[PDB]
Student: 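Following up with a structure containing acarbose.
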Amino acid sequence: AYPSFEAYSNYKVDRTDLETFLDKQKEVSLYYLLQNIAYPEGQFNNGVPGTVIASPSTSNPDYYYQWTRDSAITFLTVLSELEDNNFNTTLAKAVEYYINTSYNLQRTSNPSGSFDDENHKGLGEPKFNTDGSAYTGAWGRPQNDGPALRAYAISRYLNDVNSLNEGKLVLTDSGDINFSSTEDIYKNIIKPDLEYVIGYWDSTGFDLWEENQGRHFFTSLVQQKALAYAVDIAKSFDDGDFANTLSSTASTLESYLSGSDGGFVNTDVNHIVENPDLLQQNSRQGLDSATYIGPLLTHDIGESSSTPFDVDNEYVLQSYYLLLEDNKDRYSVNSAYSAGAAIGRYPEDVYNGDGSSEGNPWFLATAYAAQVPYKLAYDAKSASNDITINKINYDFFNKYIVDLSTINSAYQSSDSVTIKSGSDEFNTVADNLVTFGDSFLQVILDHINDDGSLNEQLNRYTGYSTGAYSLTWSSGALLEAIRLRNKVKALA
Ligand SMILES: C[C@H]1O[C@H](O[C@H]2[C@H](O)[C@@H](O)[C@@H](O[C@H]3[C@H](O)[C@@H](O)[C@H](O)O[C@@H]3CO)O[C@@H]2CO)[C@H](O)[C@@H](O)[C@@H]1N[C@H]1C=C(CO)[C@@H](O)[C@H](O)[C@H]1O
Ligand SMILES: C[C@H]1O[C@H](O[C@H]2[C@H](O)[C@@H](O)[C@@H](O[C@H]3[C@H](O)[C@@H](O)[C@H](O)O[C@@H]3CO)O[C@@H]2CO)[C@H](O)[C@@H](O)[C@@H]1N[C@H]1C=C(CO)[C@@H](O)[C@H](O)[C@H]1O
Ligand code: NA
Ligand code: NA
């Protein structure tokens, strides 16, 4: 049940009309995303401002909590909207309430620890109650992705304040508020998260799915991003030695991610092994949608981020392809899909959304799967960069994107194919990438609730939605897929 949920229902979903669907969901999913964020000017005006619920579901399952990860990812979408709107005050107030509530959560002692522990050990805590209190039940803690994603989101807000609002914050005359300046946000909210990442990146915690302990590609990747992105922020506040500490630590994490210490790049199977310790344990073979979700989050389309493992990385792209192939056989709901399909978390998954039996495809993983080919095309076209296709990825391209032999008949004799910007071959591949991306959004259209809200999961047999209702992260993932689709299609 989800008693606080309010439906929009401002249109009848037509499952035969993708273009119209995506036009309407650009607004409907934003409505549902914002509904789960507490702010005085919003629908959720009775919660502590800055609290993001993962879902209005309070039973079967009970997701009425604030997770550091979901809240940060939610705010990355809010920030994308804020940026597209040339800095909307309403949204900026929501971001600042979230920054303030994050300040309070950071200082809340919990089962992972406290703020005054070494490098703020308490910041590893995955979730809190909506009233701001510590969640004291058993849980897969700590999770070291949260502080990284939050540091990144709040850093990005500061860059936006400086670039789009002439350095001006919007809530600094409110009583509730634990900052008076951008420097206060950096020193007292961003920097503690960065100190946590510096202190704990190479320690044991749970993955983003809250289930396994050890090395995790997504976690290390979002940590590397937060550190790299904060370098210039630190420099801007005359925090130069710390800026260089961030730079060196980011470089160290980049080497970790790319080498045999991390264990993520696996040249036996030529794809990323998301959780290398589980490969060692023989419990999972390493395919995971987090492998491509992370790259998407750490290379936001405005930024031209140079951080490692963008979606063009051959190992990331092969994990994507192989998970797609797996899931097209595993889930009966996918049996008639010729192109994209409903994608889950990992092939070994047993979480059904409210217990254990068999795992399902997830709306968020499916929406992120659309973004992969959209971003390949966008990156190339927007920068006039070549598309380079490594031999590891020839099967993927030949199955879904292009007959490579029509590009270069001798492709099998080369380690790669490079397709020059502006060529007919390039336009063919870019266009075919977008068509392929669209097929994943069609899967969403096939199975979305009539009210336009997205659950956590869709049943692997029937495609009916299941698990947590109107999941904020589902809404965000779809919103970012639509934003990317529109941006790539708008390119001349
Ligand atoms: C919400 C979450 O749920 C499932 O995992 C939970 C359990 O439901 C929960 O009982 C608790 O499990 C412990 C258990 O009760 C106890 O017997 C034992 O000693 O140890 C357990 C903790 O290790 O904790 C876990 C979470 O650690 C799933 O397995 C999860 O995948 C699931 N995560 C979802 C939900 C959200 C919120 O939107 C996302 O942030 C997240 O990425 C997601 O995968
Ligand atoms: C309008 C409706 O559409 C969506 O439902 C889909 C499925 O997602 C989809 O997989 C497909 O279902 C078939 C399925 O593959 C298989 O199990 C079985 O063989 O038969 C199905 C084909 O007859 O087809 C339907 C579309 O007909 C959504 O998933 C739904 O949420 C949606 N609305 C339903 C659901 C509800 C409440 O859950 C009602 O409020 C409503 O009246 C109804 O239309
Ligand atoms: Na104040
Ligand atoms: Na890139």
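Residue numbering in chain A adheres to the PDB entry, whereby the residues present occupy positions 1-492 in order. FYI, side chains are in, hydrogens and waters are out, and symmetry mates aren't considered; it's all heavy atoms of this structure. When a ligand or atom number is given, it counts from 1 through the structure's own listing order.
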Student: Do you know where to find acarbose in this model, all copies counted?
Tutor: ligands 1 and 2
Student: Of all chains in the model, which has more heavy-atom pairs under 4.5 Å to acarbose (ligand 2) than the rest, named as UniProt has it?
Tutor: Glucoamylase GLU1
Student: Is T462 close to acarbose (ligand 2), meaning an N/O of one under 3.5 Å from an N/O of the other?
Tutor: yes
Student: Would you say atom 39 (C) of acarbose (ligand 2) touches the protein, meaning some protein heavy atom is under 4.0 Å from it?
Tutor: no
Student: Heavy atoms only, cut-off 4.0 Å: how does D446 contact acarbose (ligand 2), side chain, backbone, both, or neither?
Tutor: backbone
Student: Looking only at distances, can you tell me whether any N or O atom of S465, backbone or side chain, sits closer than 3.5 Å to an N or O atom of acarbose (ligand 2)?
Tutor: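 No, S465 has no N/O under 3.5 Å of an N/O on acarbose (ligand 2).
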Student: If we count only non-hydrogen protein atoms and require a distance under 4.0 Å, does atom 17 (O) of acarbose (ligand 2) qualify as touching the protein?
Tutor: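 Within 4.0 Å of atom 17 (O) of acarbose (ligand 2), protein heavy atoms are found.
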Student: Considering all protein heavy atoms, does one lie under 4.0 Å from atom 3 (O) of acarbose (ligand 2)?
Tutor: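 Protein heavy atoms within 4.0 Å of atom 3 (O) of acarbose (ligand 2) - there is at least one.
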Student: Is atom 29 (O) of acarbose (ligand 2) touching the protein, meaning some protein heavy atom lies under 4.0 Å away?
Tutor: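 Protein heavy atom within 4.0 Å of atom 29 (O) of acarbose (ligand 2): present.
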Student: Is the shortest distance from a heavy atom of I448 to acarbose (ligand 2) less than 4.0 Å?
Tutor: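 Contact check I448 vs acarbose (ligand 2): positive.
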Student: Would you say atom 14 (C) of acarbose (ligand 2) has a protein heavy atom nearer than 4.0 Å?
Tutor: yes
Student: Can a protein heavy atom be found under 4.0 Å away from atom 22 (C) of acarbose (ligand 2)?
Tutor: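 Protein heavy atoms within 4.0 Å of atom 22 (C) of acarbose (ligand 2) - there are none.
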Student: Look at atom 44 (O) of acarbose (ligand 2) and say which protein heavy atom is nearest, naming residue and atom and giving the distance to 0.1 Å.
Tutor: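 Answer for atom 44 (O) of acarbose (ligand 2): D450 OD2, 3.4 Å.
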Student: Look at atom 35 (C) of acarbose (ligand 2) and say which protein heavy atom is nearest, naming residue and atom and giving the distance to 0.1 Å.
Tutor: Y464 CE2, 4.7 Å
Student: Is atom 6 (C) of acarbose (ligand 2) near the protein, in the sense that some protein heavy atom lies at less than 4.0 Å from it?
Tutor: yes
Student: Find other ligands or ions closer than 4.0 Å to acarbose (ligand 2).
Tutor: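 There are none.
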Student: Quick one: does atom 26 (C) of acarbose (ligand 2) have a protein heavy atom under 4.0 Å from it?
Tutor: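 Answer no: nothing from the protein, no heavy atom, is under 4.0 Å.
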Student: Report all residues and nucleotides of other chains within 4.0 Å of acarbose (ligand 2) (non-hydrogen atoms).
Tutor: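 By heavy-atom distance, that gives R15, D446, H447, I448, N449, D450, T462, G463, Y464.
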